[PDB]
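Report on the following structure.
Chain letters run A, B, ... following the sequence lines, proteins first and then strands; every chain starts at 1. Method of determination (from the header): X-ray crystallography, 1.9 Å. In each ligand, atom 1 is the first atom listed, and ligand 1 is the first ligand listed. The basis for the numbers below is simple: all heavy atoms, side chains too, and nothing from hydrogens, waters or symmetry mates.
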4 protein chains.
Amino acid sequence: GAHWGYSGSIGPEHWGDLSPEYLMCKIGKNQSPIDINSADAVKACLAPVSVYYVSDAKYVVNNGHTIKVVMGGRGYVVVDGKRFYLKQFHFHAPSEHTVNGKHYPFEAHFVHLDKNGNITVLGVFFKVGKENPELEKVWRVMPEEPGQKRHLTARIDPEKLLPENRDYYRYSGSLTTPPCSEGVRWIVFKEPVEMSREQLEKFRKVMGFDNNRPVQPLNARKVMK
Amino acid sequence: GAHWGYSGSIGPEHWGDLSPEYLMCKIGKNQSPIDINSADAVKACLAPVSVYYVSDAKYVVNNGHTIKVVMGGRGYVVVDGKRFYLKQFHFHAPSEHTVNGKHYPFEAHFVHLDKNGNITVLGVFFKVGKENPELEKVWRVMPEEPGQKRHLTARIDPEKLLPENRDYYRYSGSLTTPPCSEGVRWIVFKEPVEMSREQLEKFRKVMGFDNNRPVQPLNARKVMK
Amino acid sequence: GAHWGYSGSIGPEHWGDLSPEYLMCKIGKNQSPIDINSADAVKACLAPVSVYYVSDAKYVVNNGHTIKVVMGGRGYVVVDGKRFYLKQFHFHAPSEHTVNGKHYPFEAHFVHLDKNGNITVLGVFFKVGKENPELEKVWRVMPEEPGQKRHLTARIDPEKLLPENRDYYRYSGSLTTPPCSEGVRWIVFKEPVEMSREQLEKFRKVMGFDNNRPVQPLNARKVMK
Amino acid sequence: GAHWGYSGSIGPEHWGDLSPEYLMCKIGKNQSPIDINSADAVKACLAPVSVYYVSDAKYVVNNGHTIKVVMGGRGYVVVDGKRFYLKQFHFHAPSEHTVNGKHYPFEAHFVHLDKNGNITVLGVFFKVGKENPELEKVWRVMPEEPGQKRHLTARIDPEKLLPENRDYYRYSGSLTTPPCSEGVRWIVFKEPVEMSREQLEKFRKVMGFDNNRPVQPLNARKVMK
Ligand SMILES: CC(=O)Nc1nnc(S(N)(=O)=O)s1
Ligand SMILES: CC(=O)Nc1nnc(S(N)(=O)=O)s1
Ligand SMILES: CC(=O)Nc1nnc(S(N)(=O)=O)s1
Ligand SMILES: CC(=O)Nc1nnc(S(N)(=O)=O)s1
Ligand SMILES: [Cl-]
Ligand SMILES: [Cl-]
Ligand SMILES: [Cl-]
Ligand SMILES: [Cl-]
Ligand SMILES: [Cl-]
Ligand SMILES: [Cl-]
Ligand SMILES: [Cl-]
Ligand SMILES: [Cl-]
Ligand SMILES: [Zn+2]
Ligand SMILES: [Zn+2]
Ligand SMILES: [Zn+2]
Ligand SMILES: [Zn+2]
């Protein structure tokens, strides 16, 4: 795939024109992220998303578009009665999803694959408040330059990054970076978690730019709540 | 666009290869029709779909892939608080959608567009029982050869083709013929209506072939019920 | 308690005056049975009612107000996460509950107690159709006179009397015979099962009178569906 | 009816013994208030409760068991498609209802009657925060002694006491003071509003005692959410 970014000639509005591989950015009708209007969402009998994570975080990488924690892939969540294995988690500032037209300052994405390669992403909003103890373990060894990897000696428990309340919005969408492939299950937790002002500012300093894709039209979709 | 059909080298498994315009048949992850597994569908607080149809049928046409009644476009349904205007209705045998893995013998589609060109299709299943009086009005003047159009001798009341019970399944999908464009709202009524064996046989005889696209994978979607 | 019946001076409209013990018949605001208006019922995320019955039917008794099959009490259903043990099942003609103002010709009640004596009744509607094979085992030895008991040599499987579809209406109500105690959980299956005309007529012949309490006002209650 | 209170020999555990008129306190199985366990509540397709209140407050009264604002009865809410007219509102500290086993410091009740005398009570929880401007209008003229009534100097807009978010819990229950009559519709708003510590302390000082009835067992009921 061709080089892409968050501004200039290779920014989100141009992604669909950068490569034939990125065509869904241009033609897709089921794209992510979205604004979640809570009144427009349909109240629904959604199943609990059960979490069976393990502490198998291997390293943290700065890949030039996010900070990503890479996992061994043994932990999983249960969605639609199937195991989706946690491969990695990573971060955006400001939030990619909005709620009633408003951003949160930060959003984490936990990226899972089932045995057939189907993708489920769990989304967690963060607000500025108390220092997040689990996040601090990652932040302490944040790779400051693109291309850098840092081994984790501290034991990261990814379950501790999720909100205590597990209510969520669900919809069918896409990856938020090229090639923006569709057929992705989105589980967006309603309750935000806290990070310190200092934690937010370090991420923003290291990144050096905002890394959220603009919200995309719902089209025929409904969000369930 | 390129010629297509329901069998052989131009059949549904090949549509995505017949024309670059038909790419979504090949790469789409939100395609129609689908199997509706009722246990897998999510019980949800779905709004009533209000129907405000008018008797403005213009003609009936045999277009080589279905029998279609063309409307004036003044009647409408309300979905997501918006007016979707009835442009035409047409027929498939056997059914395109299945329920718990089983076909109905016949399925009608009512095709609507809102003021911005967004598409909603209402689907009505038919089972063999008593002769359908409203269907008979169209069947009496059925154009027997592809390319033929006939004037309607009786007044068509399209709402009389809908089931009395208005409970429905809803999902986001596509058109079921090339180019199989996505972003289509599907409203599939749960209760079937009746047609006579003779009515079904006249349709199958005039058509000369099955005209249902095979069901497509749900992928990330849920059906609401 | 005082003598009561289904007609005359001791009939349902007088039950509240027959004994101080029967006061809830007169003053209760949460009485059973009720008319279930399906449009007025609230669509709700009701849990499956899991059935763990055993074949421990002991005898059938004609107690002068119904025909009742008495169980050993080992089988149970799960409601609100608790085990409610099946103590007995018995019958009414015509139905006690109505649906949209209409009776079924027959209704069975499966009466359960949890470990603290809380009552749950499962209601099954019957319509006239094919002979019911499981019911026939009981009907073959139906005690014809009040006061008579008949031992069951045939092995009754009460699960086979429930509908195959397990969707239900739920509401909070009362026993339908004096003392009409409240705090009773009602689970009324939506789908009826069949019995033969002959089976219905034998029950009605043996009883000699209709044994349904008139429907009672919903008052502050909602039915969930 | 017999004299009753919130403590000692005339307290809530004894109400059912103080008068034959108070029998439901003792024998009722659908009593209020209750603990609302949010996980045990059933997610349901509840209709919005529309509010059409008017500024028709007549006076405020200290009646020896609460502070009550008496209304003209022209304002109303719509529940089950019917108009329930606002007759009065009053206050309890600590809260009568609990949520997940915890009290709020304060609870308001808006008491409504339909044209046939059926009762609906709307409940609003308060937490300590900023001074409540609408509450202050009443608090400024609070009658300090039982039996005293005061005219209202400012115009009372009762809708301004309701939370902005109108999501609610619903159940069927009773009045929370003798005779504790059943058949009462309860609408308990999920979102609390704020009052100052000083506002709460003035209420507790004037009252001289806690005025909440203990929570009552749910028995057969479910709470909808
Ligand atoms: C390799 C990989 O994981 N790609 C992703 N692209 N976007 C993602 S997101 N922001 O939708 O979670 S994950
Ligand atoms: C011109 C037009 O309406 N095209 C359609 N193609 N498929 C349709 S369907 N079967 O999805 O309703 S409508
Ligand atoms: C002893 C016993 O079971 N009493 C009952 N009275 N009414 C019942 S019913 N019709 O409500 O199931 S059960
Ligand atoms: C006269 C009158 O309204 N009596 C009430 N008793 N309890 C009520 S409450 N706390 O249930 O709202 S209202
Ligand atoms: Cl990523
Ligand atoms: Cl480390
Ligand atoms: Cl068509
Ligand atoms: Cl019409
Ligand atoms: Cl009985
Ligand atoms: Cl036998
Ligand atoms: Cl009061
Ligand atoms: Cl007001
Ligand atoms: Zn992401
Ligand atoms: Zn069609
Ligand atoms: Zn019974
Ligand atoms: Zn009160």
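Taking the chain with most contacts, the partner of ligand 3 here is, per the PDB entry, carbonate dehydratase. Among acetazolamide, fluorouracil, dichloroacetic acid, the compound found at ligand 3 is acetazolamide. In this entry, the other chains with a heavy atom less than 4.0 Å from acetazolamide (ligand 3) are C.
In this deposit, the organism assigned to chain C is Thermovibrio ammonificans.
Below 4.0 Å from some heavy atom of C:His92 lie the following atoms of acetazolamide (ligand 3), by number and element: 10 (N). For acetazolamide (ligand 3) and C:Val111, the ligand atoms under 4.0 Å from any heavy atom of the residue are 12 (O), 13 (S). With ligand atoms numbered from 1 in the order given, acetazolamide (ligand 3) contributes 11 (O) to contacts under 4.0 Å with heavy atoms of C:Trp186. The option with the heavy atom closest to atom 3 (O) of acetazolamide (ligand 3), from among C:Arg213, C:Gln88, C:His109, C:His112, is C:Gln88.
Within 4.0 Å of acetazolamide (ligand 3) on heavy-atom distance sit the residues C:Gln88, C:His90, C:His92, C:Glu96, C:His109, C:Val111, C:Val121, C:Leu175, C:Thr176, C:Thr177, C:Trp186.
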